[PDB]
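Please read the structure below before turning to the comments.
Per chain, numbering begins at 1; letters A, B, ... match sequence-line order. Counting convention: from 1, in listed order, for ligands and their atoms alike. The entry is not shown in full; contacts are counted within the portion that is. Hydrogens, waters and symmetry mates are skipped; everything else that's a heavy atom, side chains included, is used.
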Amino acid sequence: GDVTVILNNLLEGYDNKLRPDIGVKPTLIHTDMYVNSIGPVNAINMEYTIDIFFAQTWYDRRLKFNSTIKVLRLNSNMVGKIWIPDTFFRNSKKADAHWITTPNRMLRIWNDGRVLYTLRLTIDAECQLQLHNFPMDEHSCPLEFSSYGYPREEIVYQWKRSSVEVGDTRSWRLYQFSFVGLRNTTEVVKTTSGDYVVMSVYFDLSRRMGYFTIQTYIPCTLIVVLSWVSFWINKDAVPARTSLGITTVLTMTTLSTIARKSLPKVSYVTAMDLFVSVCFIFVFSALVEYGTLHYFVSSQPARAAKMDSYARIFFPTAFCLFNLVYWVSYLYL
Amino acid sequence: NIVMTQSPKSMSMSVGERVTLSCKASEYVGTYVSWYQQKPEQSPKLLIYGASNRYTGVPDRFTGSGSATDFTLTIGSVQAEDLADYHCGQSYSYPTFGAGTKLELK
Amino acid sequence: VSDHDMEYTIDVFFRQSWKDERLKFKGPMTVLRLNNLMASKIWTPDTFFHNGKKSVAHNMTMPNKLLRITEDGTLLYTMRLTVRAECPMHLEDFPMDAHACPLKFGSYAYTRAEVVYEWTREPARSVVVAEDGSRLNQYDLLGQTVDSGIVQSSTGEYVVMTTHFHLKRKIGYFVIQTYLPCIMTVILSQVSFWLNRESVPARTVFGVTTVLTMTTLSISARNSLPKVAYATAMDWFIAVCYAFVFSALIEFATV
Amino acid sequence: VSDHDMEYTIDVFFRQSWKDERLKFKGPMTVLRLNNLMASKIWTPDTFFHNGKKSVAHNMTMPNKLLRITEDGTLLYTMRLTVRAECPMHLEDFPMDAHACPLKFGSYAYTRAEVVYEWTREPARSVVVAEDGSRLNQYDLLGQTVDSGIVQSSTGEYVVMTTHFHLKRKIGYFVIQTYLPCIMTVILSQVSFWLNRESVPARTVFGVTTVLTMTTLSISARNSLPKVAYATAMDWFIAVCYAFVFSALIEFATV
Amino acid sequence: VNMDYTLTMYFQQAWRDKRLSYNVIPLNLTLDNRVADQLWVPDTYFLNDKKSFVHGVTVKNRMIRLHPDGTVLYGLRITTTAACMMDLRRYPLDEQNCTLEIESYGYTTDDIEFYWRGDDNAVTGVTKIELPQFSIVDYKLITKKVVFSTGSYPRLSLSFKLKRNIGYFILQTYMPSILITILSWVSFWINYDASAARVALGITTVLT
Amino acid sequence: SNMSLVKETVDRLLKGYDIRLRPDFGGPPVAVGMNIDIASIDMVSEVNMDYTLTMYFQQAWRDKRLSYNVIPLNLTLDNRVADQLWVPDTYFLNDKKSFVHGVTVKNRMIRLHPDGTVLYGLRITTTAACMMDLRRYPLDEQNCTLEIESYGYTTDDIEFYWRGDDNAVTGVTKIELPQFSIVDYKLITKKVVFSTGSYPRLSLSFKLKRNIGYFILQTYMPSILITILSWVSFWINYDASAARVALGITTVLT
Ligand SMILES: *[C@@H]1O[C@H](CO)[C@@H](O[C@@H]2O[C@H](CO)[C@@H](O[C@@H]3O[C@H](CO[C@H]4O[C@H](CO[C@H]5O[C@H](CO)[C@@H](O)[C@H](O)[C@@H]5O[C@H]5O[C@H](CO)[C@@H](O)[C@H](O)[C@@H]5O)[C@@H](O)[C@H](O[C@H]5O[C@H](CO)[C@@H](O)[C@H](O)[C@@H]5O)[C@@H]4O)[C@@H](O)[C@H](O[C@H]4O[C@H](CO)[C@@H](O)[C@H](O)[C@@H]4O[C@H]4O[C@H](CO)[C@@H](O)[C@H](O)[C@@H]4O[C@H]4O[C@H](CO)[C@@H](O)[C@H](O)[C@@H]4O)[C@@H]3O)[C@H](O)[C@H]2NC(C)=O)[C@H](O)[C@H]1NC(C)=O
Ligand SMILES: *[C@@H]1O[C@H](CO)[C@@H](O[C@@H]2O[C@H](CO)[C@@H](O[C@@H]3O[C@H](CO)[C@@H](O)[C@H](O)[C@@H]3O)[C@H](O)[C@H]2NC(C)=O)[C@H](O)[C@H]1NC(C)=O
Ligand SMILES: *[C@H]1O[C@H](CO)[C@@H](O[C@@H]2O[C@H](CO)[C@@H](O[C@@H]3O[C@H](CO)[C@@H](O)[C@H](O)[C@@H]3O)[C@H](O)[C@H]2NC(C)=O)[C@H](O)[C@H]1NC(C)=O
Ligand SMILES: *[C@H]1O[C@H](CO)[C@@H](O[C@@H]2O[C@H](CO)[C@@H](O[C@@H]3O[C@H](CO)[C@@H](O)[C@H](O)[C@@H]3O)[C@H](O)[C@H]2NC(C)=O)[C@H](O)[C@H]1NC(C)=O
Ligand SMILES: *[C@@H]1O[C@H](CO)[C@@H](O[C@@H]2O[C@H](CO)[C@@H](O)[C@H](O)[C@H]2NC(C)=O)[C@H](O)[C@H]1NC(C)=O
Ligand SMILES: CN1C(=O)CN=C(c2ccccc2)c2cc(Cl)ccc21
Ligand SMILES: CN1C(=O)CN=C(c2ccccc2)c2cc(Cl)ccc21
Ligand SMILES: *[C@@H]1O[C@H](CO)[C@@H](O)[C@H](O)[C@H]1NC(C)=O
Ligand SMILES: *[C@@H]1O[C@H](CO)[C@@H](O)[C@H](O)[C@H]1NC(C)=O
């Protein structure tokens, strides 16, 4: 037909090793993204998954034809026969394209030489999460890309006005986080090979405290109230109060240990370590208070009579004041 | 055997007024419901193939609305050429049609 | 079905058929059942799965593909491949929930005015699941459901063929894991009310032991389901059982 | 050395030399030290590992292969590769057992009348292990042992080159993990013999908590090694210690 | 937990190609394993596998061998993870049949015919297999024809019945539970006045 | 034009180019200079005894066959020409699984200079292996290294060095490990001797010092607290036997 002769005439004397305007001007590349989904943001490896439809557009004066058809719409068969920019994601730990059932790529060449190249990617990008204020934290961690071999004087990238489009935002794999918005950025970075134009997309995420609540905040508080119930028990039943206190200590330790396996091996104190630490301290103080009570009923009874009645009102007020100050101080930040 | 129940069994209508026809399926038919028009002493003509897609040669006043079980066919500016019978038929399974609605003028 | 990843696996023979008038012939055979290396020399549609995550196409021992060319130009092209697709789940009624896991496929690079898809048989009879084809341990496949539609992208409109598999979760594991131990622990807490009032450490260790096992039960029961940020049915059951055990211990304290 | 998979890993420079009379040359150099792409254009032997599981031939940053052709036709062909081989172990004397993990290689498809193998130096000096090359945490490599033999399969008679690496397990981990907690639990059970019989709950909670600790130690200790059907020496130690703890509780019951 | 078994095998196929027939030389030809990319080899596949590969160390572990009459022998060394669904209602006192299904993909029964070379001694090396948990009691070879919507295809089936051992499960679960159940009987030998002792003993056994 | 000139230059450079032979195949060895730009150090595993690092690994040498004088600019070529040129067979001795990234194309760079200097960069994610001495865990420091060697070419065929000799490895002060902290790093040049010849080797060694902030709040504080909660039984009189025994045994259980 006519498309066969056009495609055969475009590829004669064509060199896919040389970018368009190899010694004239840098190539301008317009980039678009479509985030299909932002996958699970696991903090252990400090990474997150994302699925995008990456679209690039540029001008190639060698792929210019005169015909009655305006656009050649092609498969991935001709992607490896023309010049394709070497875009790579700078903060990706692992990234792969899609090849089932046929390489998920698209090439469209226009009447004036404008090439549009789209492909589907799944990226496992990297972002250091400052995991203070956990689990009441908010992050904004990027997806950056640039050319690998062509510096600023050879390839220039540029967003469009309708650059990044998210999908439905409800079919996404964000369990513990919530998408709030995005913003694009362009910059130039100095590298050992040259100056490169780098483009960034920052996704803003906020952690919803709905899993950590029913996992740790409710049970640890319940175990604290469990340690509280020892004060209303008679002061003569010594094995009862000792066993209650020390088994409550057991429950606190087990819950603390099983609760710390969500977050990574960070060395600073979070807003979750402080809570379970203070709960352990409270249980420790209740047991040591009963210990001093049992010593003081034998040493001098005038001091140990009204100590338990004081504890019955001092422990819940201290814990409630701690909760108020903690929650306001960590929700103001 | 998916049964299609079409309503109403008979209707009357004047010129230049909006009209709505409904088709209801017993089982699930995804978007494979089609609307045919049949004038007297003529063969049926496909108006809407699939749920909400006009056939080639159909005016822009017919429009369909689809769901899993409930389907609608609405005509806008009705002229004097819409005096015919209208059948809805499913194609998710072996095809079964509706009873039809005969539009008349009064 | 991997609930922790919101995904499922499915092994399929994926068959496509179209008509190419450039591959007409006239020979002694009426159908050429060719190799899987002839399908690379001809045009084949670039079907991709809209919700597929990381699918595999088997290559053992030869590429598991099939190409047949009939004399009038129709081509049948079959592949064997393992789709790993995404199933978004609403785990509010866990573990008494039902799902409809989708499988959307369409054409990459070819819009609706270029390549359209259709089922080769009646839509109710096109997606066929085998009888012995079920590696499900936790769910129960109830049936299939196909549909066809159009997606509106930045590059045009594309035909999308949808297939929903309806699943129902089996409660038999979660009963024995959580709902029967919770009931037995609540009964173990309630047996403390029959001991005499002169045995204070006995009823004390009863109450506190039941609270400890309820805590270990709730942690062991939450780790199966993924880390969702809402409350399921099992969470409400564990919450009410914990309330009952804690209320038993506070009642002992008051007594 | 993975004990649960009954396998081990090794990283080797594998060198093969042979003589091809078709590759004689005469030039200003006496040895051509060529690339790793000339080796794919000549005949190289098809050596495989008889007991390999999943081996890798490294190709970072280029294929780690070496080809040297000498002017009389002698070729030296070297590869860098990681072999994951099978080591069938008998764990009767676990964790005081010594193994001889094998590594057998030979030719695929070339029988004894076509291709025969040989060590290039004296057999005691052919398989050479580096000094700093030991990623063993749990074992101790004592020495090596090579051998040569002839296997017979359904395709003919083949030459097989065998290497044995002699390993001796280190007990210092299992001591602190299992043997010392068991002795501590037994002594803590025997502490109860010095309490006065007027304290019945004291000796009761002693006995039952040491039995609980022995149960936890037994379950937590049997997961290290694979799921063998015979008894090991740690199983005998745990059984006798459990018998002693249970016997202490039964003696308390009798008293 | 994954409902699968990995097996390594030397899998050999033999057919006759009248185009690869020679008579000038009298010996059999073992060629380099890269000439199998220029011959026709059947498109055999395993229906029930999940992951498979040909070993590629130090080269691609495959064998080609010609014969002067036309016969081609073609062997591969394959490690495959085949999927067998197990019925665990009698675990661990159970016996499971795990089967490798061997089928032809492209060619129907009017283009290809499958058979075991020997029909009972075609599969060797089963009695020398030692598993840590199971024990191969019996194996069977089955020839078959399956029918799909595209045609009728030949199929071979190699099914192994695996019986599970019990001694590990005895010493791991059955003996501790029985010992705790005997230990929980000492609560009656203690007199019924001492309450804390009997509660601690019974509760501890239940928790254990 | 300029595109035609560059096209004829690249077509002349690649016509009659023998990829089997290194530059100066009979003469002196070729000198290859290394740069490493460390993007991240992913996961330092003590159980697997390895670590993972992403790097921008660049090699620079001089090939007189790829010399041109008609155009005054440097030529960045599509990465597919790296399969038609000679590149050194550099390998890492202590790696376990490595790969070059492949999105959207193979992440590598090939640049020609008019004097013959070839610049060849790769983006690698290496899982290198290092044995750790955990006798002072978690108060320990680990020297973990990446060994860089030439496989086929001996020291009289190739020669390695660091490009800059102190600033050849960058991006080490920006590495954020969650559990360690880089205190120092060193670059080493030497030669190793195998039974096949003598080979050049470079070594990039990092000292990783482990923090204590997690281990304190996870192991050291609880154990001390539980010991105090075992001490509290001394303040209980010797009459109540059940209380003191339950307290001691449950501190042991904790
Ligand atoms: C260390 O060693 C490693 C092991 O060797 C090595 O890895 C290998 O790297 C190379 C180079 O990077 C890979 O080669 C390329 O693979 C591309 C596709 O890749 C992905 O897919 C492969 C499997 O390859 C199959 O599937 C695709 C898609 O269907 C097919 O197109 C392929 O032909 C191939 O198909 C066969 O197998 C299928 C089953 O799998 C069958 O179904 C099918 O029928 C075929 O039998 C995967 O293995 C890859 O996984 C890897 O890499 C990613 C990277 O991120 C990793 O993440 C992942 O974990 C894996 O490691 C990945 O999934 C091919 O497209 C490509 O072919 C092109 O380009 C070259 C160079 O120009 C051409 O010479 C070649 O002809 C190919 O070109 C054509 O086709 C493209 C299609 O896009 C057109 O655009 C182009 O115009 C051209 O068309 C021409 O020819 C057509 C016919 O072919 C014709 O129709 C047209 O008209 C036109 O004429 C190339 O093969 C190789 O796959 C890797 N292998 C493995 C096992 O990883 C590693 O790099 C080494 N490292 C170092 C440092 O040395
Ligand atoms: C899936 O299986 C097929 C067939 O088993 C594999 O294809 C084989 O791929 C190799 C690699 O390209 C081919 O080798 C080549 O031959 C060409 C000449 O055509 C030569 O120029 C190349 O340098 C290379 O040597 C081989 O011929 C081909 N075999 C067949 C029968 O087509 C395919 O690679 C497998 N894919 C995976 C991911 O395992
Ligand atoms: C494990 O399970 C498989 C799967 O069912 C069992 O295979 C079955 O084996 C029997 C006996 O070989 C086959 O029956 C035969 O049918 C033919 C019909 O042509 C008949 O001529 C024979 O007299 C015999 O009845 C049966 O086809 C086969 N089932 C399938 C689907 O392959 C196997 O026996 C089980 N046990 C073991 C130890 O493997
Ligand atoms: C971590 O460990 C490595 C390996 O043990 C240390 O590398 C060693 O570095 C020292 C000094 O930097 C080198 O020793 C020197 O040898 C030269 C000649 O060989 C001599 O002139 C000097 O007096 C000195 O003795 C040694 O070559 C090198 N060892 C190896 C085998 O590479 C490294 O310094 C350690 N620290 C860090 C943080 O890198
Ligand atoms: C993405 O980038 C583009 C340009 O880089 C941003 O566009 C501009 O929007 C402002 C108003 O919000 C206009 O005044 C500018 O003229 C626009 N730029 C151009 C080049 O037209 C766009 O807002 C960015 N999207 C974000 C940050 O979400
Ligand atoms: C192991 N452990 C306990 O035993 C309970 N108390 C501790 C602790 C208690 C007081 C001060 C510091 C640390 C604690 C804190 C966390 Cl964030 C995780 C596990 C954990
Ligand atoms: C609406 N939309 C887009 O605009 C991005 N590209 C399309 C598309 C792109 C190429 C072929 C078919 C469809 C797409 C694909 C999915 Cl799986 C979800 C949303 C979506
Ligand atoms: C070729 O092989 C057949 C059987 O595999 C054998 O009978 C014959 O002797 C062989 N030919 C020679 C020349 O050894
Ligand atoms: C080529 O690269 C060299 C090395 O940095 C540089 O000095 C020179 O200016 C570059 N040439 C051009 C034309 O940019």
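For ligand 7, the recorded drug is diazepam. The chain forming the most contacts with diazepam (ligand 7) in this entry appears in the PDB entry as Gamma-aminobutyric acid receptor subunit alpha-1. Other chains within heavy-atom reach of diazepam (ligand 7), distance under 4.0 Å: A, C. At a heavy-atom cut-off of 4.0 Å, the residues contacting diazepam (ligand 7) are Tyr34(A), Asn36(A), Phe53(A), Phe48(C), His50(C), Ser107(C), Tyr108(C), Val151(C), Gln152(C), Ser153(C), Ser154(C), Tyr158(C). Of the residues that UniProt lists as binding 4-aminobutanoate in chain C, none has a heavy atom under 4.0 Å from diazepam (ligand 7). Other ligands and ions under 4.0 Å from diazepam (ligand 7): none.
Looking at the PDB entry, one finds chain A under the name Gamma-aminobutyric acid receptor subunit gamma-2. Per the entry, the organism of origin for chain C is Homo sapiens.
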